[PDB]
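To start, the structure under review is shown below, and the notes come after it.
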Amino acid sequence: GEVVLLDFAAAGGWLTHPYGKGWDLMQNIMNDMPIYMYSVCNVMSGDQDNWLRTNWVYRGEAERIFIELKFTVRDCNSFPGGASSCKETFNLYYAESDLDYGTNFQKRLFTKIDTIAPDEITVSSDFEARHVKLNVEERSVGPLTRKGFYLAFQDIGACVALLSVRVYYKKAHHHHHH
Amino acid sequence: XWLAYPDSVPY
Ligand SMILES: NCCCCCC(=O)O
């Protein structure tokens, strides 16, 4: 009995920082329904610190939230000269908040959950053949007590496409909802 | 740039 709090791939313009750089909302329209994703791939510069933040998510009655990510990561050997500037992980954070801060973003309020690493990187020959390796990772966070929360994703120089962000809680039939 | 996902364009 799961209750869904956020489902990016079911929805079809999240905050990004710094302005004008980094994560970008993308689509693949090779089939009748579009596939959306947040992508970043600034693998050559070596000084990247790109943040993607969900909108405010109502927590409902969840004490613990479960977070499922689906994503691709390109092999850093795809990028000639990227040995030291390219990474193959990204970082996952959260913040709790009673208030929807809107366009205001303060990194200092966020707590790291984990490094997110791919079980499978997508090598160049597979990318060009349109064969990507979709990874799935799950984490959970709590106890939570504020009205809502945010997730954020920090890129430090990897080539990542984030296709799915699902957040749910369990046993919502033991709670009274407002 | 490089693209993270094949055949993807900004939305
Ligand atoms: N780019 C800043 C590094 C992470 C700060 C977030 C934090 O732990 O509060």
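Lettering follows sequence order; numbering is per chain, from 1. Only heavy atoms go into these numbers, but all of them, side chains included; no hydrogens, no water, no symmetry mates. Counting convention: from 1, in listed order, for ligands and their atoms alike.
- Considering acivicin, methimazole, aminocaproic acid, the one found at ligand 1 is aminocaproic acid.
- The chain sharing the greatest contact count with aminocaproic acid (ligand 1) is, according to UniProt, Ephrin type-A receptor 2.
- Heavy-atom contacts below 4.0 Å between aminocaproic acid (ligand 1) and other chains occur for A.
- Close approach of aminocaproic acid (ligand 1) to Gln154(A) is summarised as follows: ligand atoms under 4.0 Å from at least one heavy atom of the residue are 1 (N), 3 (C).
- Listed by number with element, the atoms of aminocaproic acid (ligand 1) under 4.0 angstrom from any heavy atom of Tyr93(A) are 4 (C), 6 (C), 8 (O).
- Scanning the protein heavy atoms around atom 9 (O) of aminocaproic acid (ligand 1), the nearest turns out to be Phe110(A) O, 2.8 Å.
- In this structure, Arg108(A) has a heavy atom closer than 4.0 Å to aminocaproic acid (ligand 1).
- Counting residues of chain A in contact with aminocaproic acid (ligand 1), the top UniProt domain is Eph LBD.
- Binding site of aminocaproic acid (ligand 1) at 4.0 Å (heavy atoms): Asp49(A), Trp51(A), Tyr93(A), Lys107(A), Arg108(A), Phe110(A), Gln154(A).
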